[PDB]
Engineer: 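One structure, as C-alpha cells, below. Some questions next.
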Amino acid sequence: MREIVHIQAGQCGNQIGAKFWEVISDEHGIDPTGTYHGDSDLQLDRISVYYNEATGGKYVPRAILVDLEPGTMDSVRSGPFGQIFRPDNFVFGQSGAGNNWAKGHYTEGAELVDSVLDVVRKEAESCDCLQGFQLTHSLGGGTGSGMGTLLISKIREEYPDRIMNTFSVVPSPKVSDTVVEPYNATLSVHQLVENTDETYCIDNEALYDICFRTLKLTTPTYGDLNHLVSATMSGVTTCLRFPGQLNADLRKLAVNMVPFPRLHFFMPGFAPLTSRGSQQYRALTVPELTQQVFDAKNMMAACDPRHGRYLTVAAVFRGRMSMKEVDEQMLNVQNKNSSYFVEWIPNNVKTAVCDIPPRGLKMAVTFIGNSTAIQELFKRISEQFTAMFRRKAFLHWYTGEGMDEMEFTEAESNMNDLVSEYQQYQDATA
Amino acid sequence: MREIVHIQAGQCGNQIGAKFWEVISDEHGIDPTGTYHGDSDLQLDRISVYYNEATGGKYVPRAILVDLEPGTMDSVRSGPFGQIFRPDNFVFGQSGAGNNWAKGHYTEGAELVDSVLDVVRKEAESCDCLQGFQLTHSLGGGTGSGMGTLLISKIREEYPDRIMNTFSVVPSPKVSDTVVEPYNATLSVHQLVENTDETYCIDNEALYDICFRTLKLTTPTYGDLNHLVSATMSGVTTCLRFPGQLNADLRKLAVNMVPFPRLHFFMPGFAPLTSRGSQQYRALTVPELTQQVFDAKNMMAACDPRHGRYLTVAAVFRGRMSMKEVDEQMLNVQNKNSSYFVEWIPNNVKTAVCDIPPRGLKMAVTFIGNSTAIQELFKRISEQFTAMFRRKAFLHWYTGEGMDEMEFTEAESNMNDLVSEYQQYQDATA
Amino acid sequence: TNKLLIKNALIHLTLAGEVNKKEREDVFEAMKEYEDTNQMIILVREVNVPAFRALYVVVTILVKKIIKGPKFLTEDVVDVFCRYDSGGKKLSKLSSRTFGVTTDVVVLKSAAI
Amino acid sequence: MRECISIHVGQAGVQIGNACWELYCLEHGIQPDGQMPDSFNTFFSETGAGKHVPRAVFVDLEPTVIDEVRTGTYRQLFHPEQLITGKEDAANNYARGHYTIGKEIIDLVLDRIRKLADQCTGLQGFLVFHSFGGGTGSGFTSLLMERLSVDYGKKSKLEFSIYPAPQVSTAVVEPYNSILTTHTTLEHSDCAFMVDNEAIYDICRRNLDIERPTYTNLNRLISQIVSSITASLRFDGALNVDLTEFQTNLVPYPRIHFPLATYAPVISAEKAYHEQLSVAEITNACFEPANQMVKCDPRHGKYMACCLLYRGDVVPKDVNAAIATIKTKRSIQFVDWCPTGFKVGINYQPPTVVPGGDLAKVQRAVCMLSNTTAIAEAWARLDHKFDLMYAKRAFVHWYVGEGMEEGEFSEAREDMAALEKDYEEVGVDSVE
Amino acid sequence: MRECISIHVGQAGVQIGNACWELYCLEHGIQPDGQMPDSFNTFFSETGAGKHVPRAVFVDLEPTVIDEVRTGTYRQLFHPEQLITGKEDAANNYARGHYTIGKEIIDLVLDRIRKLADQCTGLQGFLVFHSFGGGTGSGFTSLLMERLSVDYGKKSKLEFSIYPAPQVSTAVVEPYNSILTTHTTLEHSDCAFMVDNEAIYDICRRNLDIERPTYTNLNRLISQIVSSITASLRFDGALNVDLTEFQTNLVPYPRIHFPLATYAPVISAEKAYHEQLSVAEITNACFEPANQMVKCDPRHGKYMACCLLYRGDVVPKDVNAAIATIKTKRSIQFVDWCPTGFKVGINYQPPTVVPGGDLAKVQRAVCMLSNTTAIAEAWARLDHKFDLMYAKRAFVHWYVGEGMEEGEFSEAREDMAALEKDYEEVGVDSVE
Ligand SMILES: CC(=O)O[C@H]1C(=O)[C@@]2(C)[C@H]([C@H](OC(=O)c3ccccc3)[C@]3(O)C[C@H](OC(=O)[C@H](O)[C@@H](NC(=O)c4ccccc4)c4ccccc4)C(C)=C1C3(C)C)[C@]1(OC(C)=O)CO[C@@H]1C[C@@H]2O
Ligand SMILES: Nc1nc2c(ncn2[C@@H]2O[C@H](COP(=O)(O)OP(=O)(O)OP(=O)(O)O)[C@@H](O)[C@H]2O)c(=O)[nH]1
Ligand SMILES: Nc1nc2c(ncn2[C@@H]2O[C@H](COP(=O)(O)OP(=O)(O)OP(=O)(O)O)[C@@H](O)[C@H]2O)c(=O)[nH]1
Ligand SMILES: Nc1nc2c(ncn2[C@@H]2O[C@H](COP(=O)(O)OP(=O)(O)O)[C@@H](O)[C@H]2O)c(=O)[nH]1
Ligand SMILES: Nc1nc2c(ncn2[C@@H]2O[C@H](COP(=O)(O)OP(=O)(O)O)[C@@H](O)[C@H]2O)c(=O)[nH]1
Ligand SMILES: [Mg+2]
Ligand SMILES: [Mg+2]
C-alpha cells in the first residue's frame, strides 16, 4: 500500500531515473527481465510501493516517462534496465523543446499534456491507496523546467491533497552550461513555490568536490554523479517500505520540516563516502558517520552552511545500530553547532532509523537539511536575472512564443520577496 | 585514555619520526599492515595512547605529517611502515621553504596553516582525554623551525592547558651544515621559550662520538643516529603506557623538572650502549648502568657537563630490577658529583621505574638532564648571530619576505637575557 | 588570568561561523579595554545547546556587568557552574556550587526569568 | 474472575506491547502459540479448546508495525480480528488522528472492545499504551478516552504515557502534540503514568554497564514496571493492591494524577554478587536521583503521596523498619499537610528473568509510584516550547487545514497555565 | 559488630593495600574469590550468598594502578563500584589534587562511602592509607579528612603516612607536598603514623640478609604492622586494645599525634635457629636504633608514651619482668612529667607467615608504637628544605596557576613554626 508514482521528465531526470531504477531493482533483487532473485522476503512485503505486479510473477516500475524529442527515450529503451518499463508509458512528442521554457509550457507542453495525464489517471487507479508523486527534473533545461512545472500545475489541480516531492538539479554558481538558465529557473521557481510541498534542490559544483576530495576520483562521469544522487533518492523513502525501529514516510518528512508554506527547499547529504583504498583507515561508527555529515564539504548543494542558519534538520539513518548512540550524537553535534542552529525552534533534530542497510555496507546516514544557507543561491539567480533583463537580451525567443514582459517582472519581485523571508523571518528572535 | 598527538614537520623531524614509528610498532607487535602480532597482552592495555583503532582490528598512528614540498613525503609513503599512516594526514604544500624562516612563517607557512589545524582539530576530538602534543623538528632548517613554531603559536592559542614537548635537533658547535642556521635558531628560540613546556635539545656532534667511541662503529648513517634518538623518545612516554612500580608521565616529568618558567631546555642520555662484540665484558647491573650515564661522553647534547651545574636530574629507568639498588646508586652519584649539583635545591634527583624493558635487553636507563651547561650552546649561537648581523649578511632574503630589522634586535637581547638567567640565577646561594 | 580559555570558547562553541561575524567582532574590542581583569565568565542559555547571551567580568565578591542579561550574579539564580574543556570543546560540569578561579560557563534559571 | 483489557495506540504502544505480551507468557508458562504445558484468567479469556488468547487491541493507522506482529514471534497468539490496521498514518499531525483518519476506523475499534468487554463480568480496568510524541499516540487516545468515558464512565483507566524527553528529541512538533492532547485527556483520565526516554539511558548505562542499548532493551524495563502494578491481580500476596485502589490512594485532586514510576534493583548479572540486597538497601535506591525515570531532580519538589509495590520474599517487619528510617531524614521532604503518604503492597512472587535479557535474577523488587511536586518543572518546560514556537506561528498550517481551529491554541495554554499553578498551589503549606 | 572501613588514596596507599588485603584473606581462610572452605565481620560485609567482600575504597586519579588491581590476583574479590578511577593524575602538584581534579570526583567517593557506613551500626574507625609524596597522596587525602570530619566528626580516624625519607628521595617537590598537607591534615587527623622508606632498607639488608629487596617486599613489613593494630578486633585476646583506645593513650596534646612503628622479630629463615626469642630478648630489640622504622636516633630525644602490642604465645609475667628491666636502664630516658608511659596489649594469635615471603614462622611479635620526642629533628629537616626552596621561589608557578595563593606559603611554615617549638616545649622538664 501507499503507492508512489514516479513521473520523469527532461533530458536530465530521464538519465537520473535510468540510474534510480538501477538502485531500486537491486535492493529488491530484480533482474533486467522483471522477475525476482532477491534473498530477503522482506523485500516483497512492500514491493507494491513502486512495482505493480503483472502476469507470471513479473514486476513493472510504476514510472511515467515524458519527453519532447525521441532522443533520450531511444537511449533508455535500448539501454540496460530498459525492457523493464511499460512500452505504453513512454510518452514523447516530435518537435523538441530545445532549451525554451516558453516552448515547454505553451507551445508544445500545452498540446501534449493529455497524452500524459491519461496515463497518470491509469496508474492512480492501479493504486490501492495513493500516497504521493515524485518528479525528477532540472531547473536548467527547457523540458524538465517547462513540462514538469506544467504537470505540477495540473496534478495539484487533480490530486490536491497528495504530497509532491520534486528533484530539481539547481545550476551551479561558477560554470554556466546554459545561456538562458537565469530564464529557465526564475520562471520555474514561480511555479514550484505555490504547488510543491518539498523540493530537494541539488547542485552540481558541490557534487564534483565530493567526487574529487572525498571519494578521491579522477574522471567523474554523470554515471557517477547521478549514482550518488539516486543513493539519496532511495534514502528518503526507504523508511516507508522497510521495518524500522522508528518509522518515517514522506508525510512525516513533510510535517516536521516545513514551518511556513513557502520555505520548503531542502539540501541533502549522504554518508559514508569512502575511497577505494582509504576505506580501511576510518572506524565505521555512529560518532564517525555523523561528524562527516555536519561539515560543509559533504553538502550536495553548493552553498556554505556556515552562511545562514539551519531551521529544521532531518537525519534519516539506515542500518542496524544502537539508539543511545544516535540520541547521544544527535546531541553532540548539536552542542558544537549550537551557534548555527536557530533560536525560536527548540529541539530541531528529526531522527528516523531503519533496520536494513544499503546492499553491501553496514550503516548509512541520509541527511535532509533545511537552512537559510540557500538565500544566496536565489540571490545569485535573481542578480543574473537583473542584468539580462536590463539589456533584455534573449527576449525575442519568449515574447514570440506567447509571453508577456510583465511576467518577467512578476517573478523577479516574487523571488526577491522570498529571499527576504529568509532574512525577515530568520533573525526574528523574541 | 591520555592520548598523544604526534605532529611531525620539516625534513629532519619527518626522518626522525619515520624511525620512531618503527620503534613503537615493535614494542606493541604491529606489522607493516597495522594489525596485531604481539605476544603479551600488556601491549594492548594502553594501545590507545598513540593509536586510533580502526575497523578489522587495524591500528593507525595518531600522526600528522607536515611539509612544504613533497620530497620527503614521497619517500616515507613509499618507504617501509609507510602504508600505516592515514592518507588524510599528509598535508603538504608545493613551493618549498628552502632554508628561510621568513618564508615558512609569513610567506608560505602563513597561507596553508589552516589545512593543518583542521586535521589537528579532527584528532583532538578523536581523543578520549587529551594529554599532550609532541612535535618533532629541527632548529637548523627552514620548515621545522618556521612551520613548527607557527603551530605552537596556534596550538597554545587553542589548547592552552596541555603540555607541548618538542624535539629540536640543535646545530652542532664545530661543523655547520647550513649557512644561515644562526638565523633559523635565534628566530625560533624566541618562539619556544614562551610557548613550550619542555624541549629536548639534541646536538649532532655528540651523537657522532657515541657511534664512534662507545658503539664502536665506522660509518654512522642517519639511520643509526635517529635510531639512537628514537630510543629516547620512547624512553619518556614508556612509563605512561606501561605498569611500573613508581610511575611517571609527561606531566610528572615536567612539574618536578622545570623550576623557573623559562629554564626548560633538556639534554637526554641513554644507556646501556654496548658494541657488536664487546658486550660480553661488562656486567649488566644497576650500579653499572648508572656510572655510564653521569659521565660526559654519553650526553647527546655536545656541551661539557662539568662546566656549569645541574639544577635537576630525572633518571627514568626501565626493566625489572631492585628498588634498593636504585635508591643506593642515585645516592651514590650524588656523593661523588657533590660539587656538580646545585646548592639551593636539595634532593634534586627524580626517579621512576618501569617494568617492561626495551624488547631484547634486560634493563635500560633514559636520562633526562637539565643544567646550566647549555648556557654556552646559546652563547655560541648568539655570538655567531652578533658578527653576521654587524655586517648584516644574508639580510635581504628576510627583509624581502615580510620582516622588519627590529625583530633581529628583539630576539638578540632575548637570548642574551636567557644566558644571564643561567648566571644570575645559578650562583645565588643562601 | 584565564584569557585564552574564554577567547577560544567565543569562536568555537558559542559564537562560531559566518552568521555571527558581526556579533563576535563587536565583543572582542568591547573586552579589549577590559581583560586585565583577573577573571571573566560567560553565560550560556542551556546545557542542552551552548549558546551565547552574555559575557561577564569578575572584578575583585561582586560580578559586574558588561556586554544582554542581568547585572549581578548570585549563587541562587545560576543553575550550574561549568568549566570549558579544551580537548573536546565541551563543558566540564564542576561539582563546586560556589564560584572559583577556574569556572567560566554558567547557566541561569527560568525561575530567575 | 476480575478481567482487564489492554489497548495499544500508536507505535510506542505496540512495540511496548510486543515486550509486555512476551513477558506475561513467560510468567505463567503460556506458549507463544497460545498453548500451555487459574489466577491467570484475568488477561486471557481462553477457548473451550485448549488455547489462551490475550485481551488486547492493537490499533494503528499505518500497517508497518502491525505486519511485524502478524509475522513476528507472536503470530499464533493473537486473534486476528484484534489486530486493526489502517491506510495512512496521522504522521505527526494531531488533527490527522483525531479528525481526519482516526474517525474512519473509530467504529471498528469500539465495537471490537464491545465484544471483549462482554466476555466476562469482572471488567476491572483499562490499560492504554501510547506516547505523547507522534500523531496517533496522543491524537487517538484523546478520541478513545472521549468514547470510553461516555460508554463506561464509572471505570478505572490507566495511561502509560511515554514522556517527551527534555534532551532527546525524535520529533519537531513534539510540543505541538502534548499540549493538544492535555486539553482532552486531562478531564477524562484517572492515572496517567510518565516514563521518560532520557532517564532510562542513564539507568541502562550506569547501573548495568551496557553502553550500546536498543529499543528492545528500553522496552524490557517498562514491561517490568507494568508487570508489577498488575502483579496482585495474578498472584496471591500478603497485602494485595488493586487497580481500583490506585485511583484512591494516589490522586489527591481531580487534576493532579501524574505519577512517575521507579524500579529497583537494576543491576547486571556480574554485579548480582558483591551486595546483599536487603529491603533497607533497595528502598534507599528508590529515593535517589540516580534511579528516576523522569529527568527531574526529586529533591527539588516534595512527594505528595507515594506507593511501594514490593514482591518476592519480603519480610513485612523490615518494610516497617525501612520506612521509619526514611521520614526522619533531611533531604526527603514530603508536603506538610499529608500525615504520611505511603501505601505498601507485598506480593509473594519474585520477578521473573527474561531469556537473553539485561537484568539479573534477583529475589525481591519494588515498583515505586510517586505523585510528586517536582514534575512541575517538566510541565514548565513544555510551556516554554509553546511560548517560542507560537509567537512566530511555526508549523500551524499543517494543523489549520485538517479540521482544527487555530483559536484553540490560545485556549489550550490556559489549560496548562492553570495546571502549572496547581503544583505551586499544593506545594506550598497551608499555615494556621 | 565493630566495623572499620579503609580508604586507599594515592598509589602508595593502594600498593600497601594490595599487600594488606592479601594478608587478611590468609589470616582468616578467605579465598581470593571471596570464598572460604564470626570474628572476621570487621572488614568483610558479606553477601547472603557465600561470598565475603572487603570494606575498602580504592580511589585514584590515574587509571594505571587500578587496572593492575582490576587484572591482578584479587580481580574477583572487590565490588567494582569501590574501584574509583579518574582521568589524569594530580602528578606531584598539590593544587591539582585538592582544587582541580579532586573536586571532580569527591562526590563519587563520599557517596560511595555513604553507602558503606550504613551497612553496620558498629562503625569503629577509618584507615586512610596514603603517602606524602605524590599529588594524589597528600593532596586528595587532605580534602577527605576535611569532608569526613564534618559528616562524622565524632569518630576515630587513622592515617598511615609513608614518610619522606631524609636522605634518599624520589621526588623534587617532596618537601612541598608535606608542608602544605600539614596545614590541613593536622586539625582533622587523630593518629598519623610515619613509616620511612629508608629505614626499611636498613632492616631488609641487615636483619634479613636480603640484598635486593623490592616494593613487593617492603610492603610486606607494613602489612604486618597494620595487622598488629587490628589483631585485637579480629581475634580474641587476654588484654585487648581497641581503635578508640589508641587515640587516648597516645595523644598527650592536641597537636602532637605523630607516632612511629617498630616490629620484632624481623629475622630470616636461616637465623630462625641460633637463638631463643624470649619476650625479654625481643623487647630490648625494639629499643635499639637498629630497629627504628624512621631514620632518627631514638637516644637523642625522649619517649613520651610507648605502647607495646604483643601477640601469639606471650606469658604476662615476663612482660612485667621485661618492662621492669627497661625503666632501670640508663640510655632509655623518658620524660620527667610522665610517670610511666607504657600500654601493653597481650593478644593470642601469632603472626601468620606469607607464602613466598621474607619472614620465618615465629611464635610471637610486637608492634611498638612510640610517640617520641626525637621526630622533632625530622621536622627540623623539612623546614630547612622548605626555606632554601622558597627564597628563590622555586616551582611556585606550577602551584599559583592551579588555584593556590602564593601568600599561603608564608603561612604554612608558621604552622610548622609552632609545631617545631611544641616538641621543645614538652620535651623539656618542668621544674618546681
Ligand atoms: C640477539 C640480541 O639480543 O641482539 C640485540 C643486541 O645484540 C645488542 C648488541 C643491541 C643491537 O643494537 C645495535 O646493533 C645498534 C646499532 C646502531 C644503533 C644502536 C644500536 C640490536 O640491533 C638492537 C636490538 O634492540 C631492540 O630490539 C630494542 O627493542 C630496540 N629496538 C631497536 O632499536 C630497533 C632496531 C631495528 C628496528 C626497529 C627497532 C629499542 C631500544 C630502545 C627503545 C626502543 C627500541 C637488540 C636488543 C639486539 C640487536 C638486533 C642486534 C644494542 O642496542 C640496543 C638499542 O638494544 C647495542 O647495545 C645494545 C645491546 C644489545 O644486546
Ligand atoms: N519507550 C519507547 N518509546 C519508543 C519506542 N519506539 C519509539 N518510541 C517513541 O515513540 C514516539 C513517537 O510516537 P509514534 O507513536 O511512533 O508516532 P505516531 O505518528 O503517532 O505513530 P506512527 O507514525 O504510526 O508510528 C517517540 O517519542 C519515541 O521516543 C520504543 O521502543 N520504546
Ligand atoms: N613503602 C612504599 N612506598 C611506595 C610504594 N610505591 C610508591 N612508594 C613511595 O611513594 C612516594 C611517591 O608518592 P606517591 O603518593 O606514591 O605518588 P602517587 O600516589 O602516584 O601520586 P600522584 O602520582 O602524584 O597522583 C615515594 O616516596 C615512593 O617511594 C610502595 O609500594 N611502598
Ligand atoms: N546531475 C546531472 N545533471 C545533468 C545530467 N544531464 C544533464 N544534467 C544537467 O541538466 C542541465 C541541462 O538540462 P537538460 O535536462 O539536459 O535539458 P532539458 O531536456 O530541456 O530539460 C545542466 O545543468 C546539466 O548539467 C545528468 O545526467 N546528471
Ligand atoms: N639527527 C638527524 N638530523 C638530521 C636528519 N636530517 C637532517 N638533519 C639535520 O637537520 C638540519 C637541516 O634541517 P632540515 O630539517 O633538513 O630542513 P627543513 O626541512 O627546512 O626543516 C641539519 O642540522 C641536519 O643535520 C636526520 O635524519 N637526522
Ligand atoms: Mg507511532
Ligand atoms: Mg599517582
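Chain identifiers are assigned alphabetically (A, B, ...) following the order of the sequence lines, protein sequences preceding nucleic acid strands; residue numbering begins at 1 within each chain. For ligands, and for the atoms within them, numbers begin at 1 and follow the listed sequence.
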Engineer: Mind telling me what drug shows up at ligand 1?
Structural biologist: Taxol
Engineer: In this PDB structure, which macromolecule forms the chief contact with Taxol (ligand 1), named as in UniProt?
Structural biologist: Tubulin beta chain
Engineer: Which other chains have a heavy atom under 4.0 Å from Taxol (ligand 1)?
Structural biologist: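 Heavy-atom contacts come from B.
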